[PDB]
Amino acid sequence: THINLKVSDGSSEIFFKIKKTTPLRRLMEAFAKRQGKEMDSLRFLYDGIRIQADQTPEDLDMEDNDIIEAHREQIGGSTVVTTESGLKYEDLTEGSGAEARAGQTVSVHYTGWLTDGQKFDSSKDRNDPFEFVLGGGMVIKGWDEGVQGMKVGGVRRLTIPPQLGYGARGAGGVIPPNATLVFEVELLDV
Ligand SMILES: C=CC[C@@H]1/C=C(\C)C[C@H](C)C[C@H](OC)[C@H]2O[C@@](O)(C(=O)C(=O)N3CCCC[C@H]3C(=O)O[C@H](/C(C)=C/[C@@H]3CC[C@@H](O)[C@H](OC)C3)[C@H](C)[C@@H](O)CC1=O)[C@H](C)C[C@@H]2OC
Ligand SMILES: [Cl-]
């Protein structure tokens with residue numbers, strides 16, 4: 001009578017247990033509430049087809065552990081860019097404010113995950129924005145490279161290979177050796 005559905009947004013994988021005759025609205029609304037966003041502003045896909053809120057898992061022949069894609073990026077879709085260094089970035093929200101340039105002291109919120117989807121840190125969890133000198137060589141290389149070109153109000157997803165992160169050493173008993181890091185960075189100020 002109930003089903004578990006995996007919702008993947010490109011950063012994490014969250015699961016939802018829902019009755020097969022409950023409209024997907026419930027899942028979509030619970031997902032959106034986590035992101036601080038209105039449900040209608042997000043796009044959910046199952047088997048490549050747009051989910052409508054009034055559809056039930058029964059309607060769509062869903063089964064236990066089926067995957068739903070949650071699209072949080074701009075209407076029209078997005079592209080993930082791999083740069084010369086092997087850093088990947090994806091602009092989820094394009095900023096409209098000042099552009100971040102090397103040499104500025106910038107202020108951000110961030111969340112970091114491992115590729116398995118476990119969360120290792122968030123500035124949100126400390127209610128403490130994070131400030132750093134962009135291009136200063138004091139943060140990991142993927143950050144110095146990846147935050148450049150963001151605009152204030154922007155949300156950018158960085159996928160950082162370990163040579164641009166913590167390499168073979170890892171960090172703080174929470175980042176393992178040779179791990180890719182996934183950050184969402186929201187630019188607050190420059
Ligand atoms: C005196 C030092 C204290 C000073 C600590 C702070 C200002 C508090 C600050 C919020 C860090 C967090 O403290 C809760 C915590 O953030 C993580 O959880 C994290 O999300 C992360 O990965 N971040 C933080 C956000 C920017 C990107 C990245 C980073 O680049 O962080 C940088 C980092 C660790 C760089 C290492 C430095 C050693 C090099 O050898 C290595 O080179 C490979 C790269 C941080 C910002 C350093 O510049 C400055 C510091 O370390 C780490 C997993 C572990 C880290 O705790 C320490
Ligand atoms: Cl509904």
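One is the number of the first residue; the rest follow in order along the sequence. Header says: X-ray crystallography, 1.5 Å. Indexing begins at 1, ligand by ligand and atom by atom, following the structure's order. The basis for the numbers below is simple: all heavy atoms, side chains too, and nothing from hydrogens, waters or symmetry mates.
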Which drug or candidate compound lies at ligand 1?
-> tacrolimus
Which bound partner of tacrolimus is the main one by contact count, according to the PDB entry?
-> Ubiquitin-like protein SMT3, Peptidyl-prolyl cis-trans isomerase
Polar atom proximity, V174 to tacrolimus (N or O, under 3.5 Å) = no
Looking only at heavy atoms, is any part of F132 under 4.0 Å from tacrolimus, and if so is it the side chain, the backbone, or both, or is it neither?
-> neither
Could you name the option among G137, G173, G165 that has the heavy atom nearest to atom 43 (C) of tacrolimus?
-> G165
May I ask you to list the atoms of tacrolimus that are less than 4.0 angstrom from any heavy atom of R126?
-> 10 (C), 14 (C)
From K141, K119, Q163, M138 - option closest to atom 45 (C) of tacrolimus by heavy atom | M138
Just let me know how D121 lines up against tacrolimus, side chain, backbone, both or neither, with a heavy-atom cut-off below 4.0 Å.
-> side chain
Between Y166, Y110, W143, flag the one that comes closest to atom 52 (C) of tacrolimus by a heavy atom.
-> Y166
Is there at least one pair of N or O atoms, one from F183 and one from tacrolimus, spaced under 3.5 Å apart?
-> no
Show which residues surround tacrolimus within 4.0 Å on heavy-atom distance.
-> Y110, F120, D121, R126, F130, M138, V139, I140, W143, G165, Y166, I175, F183
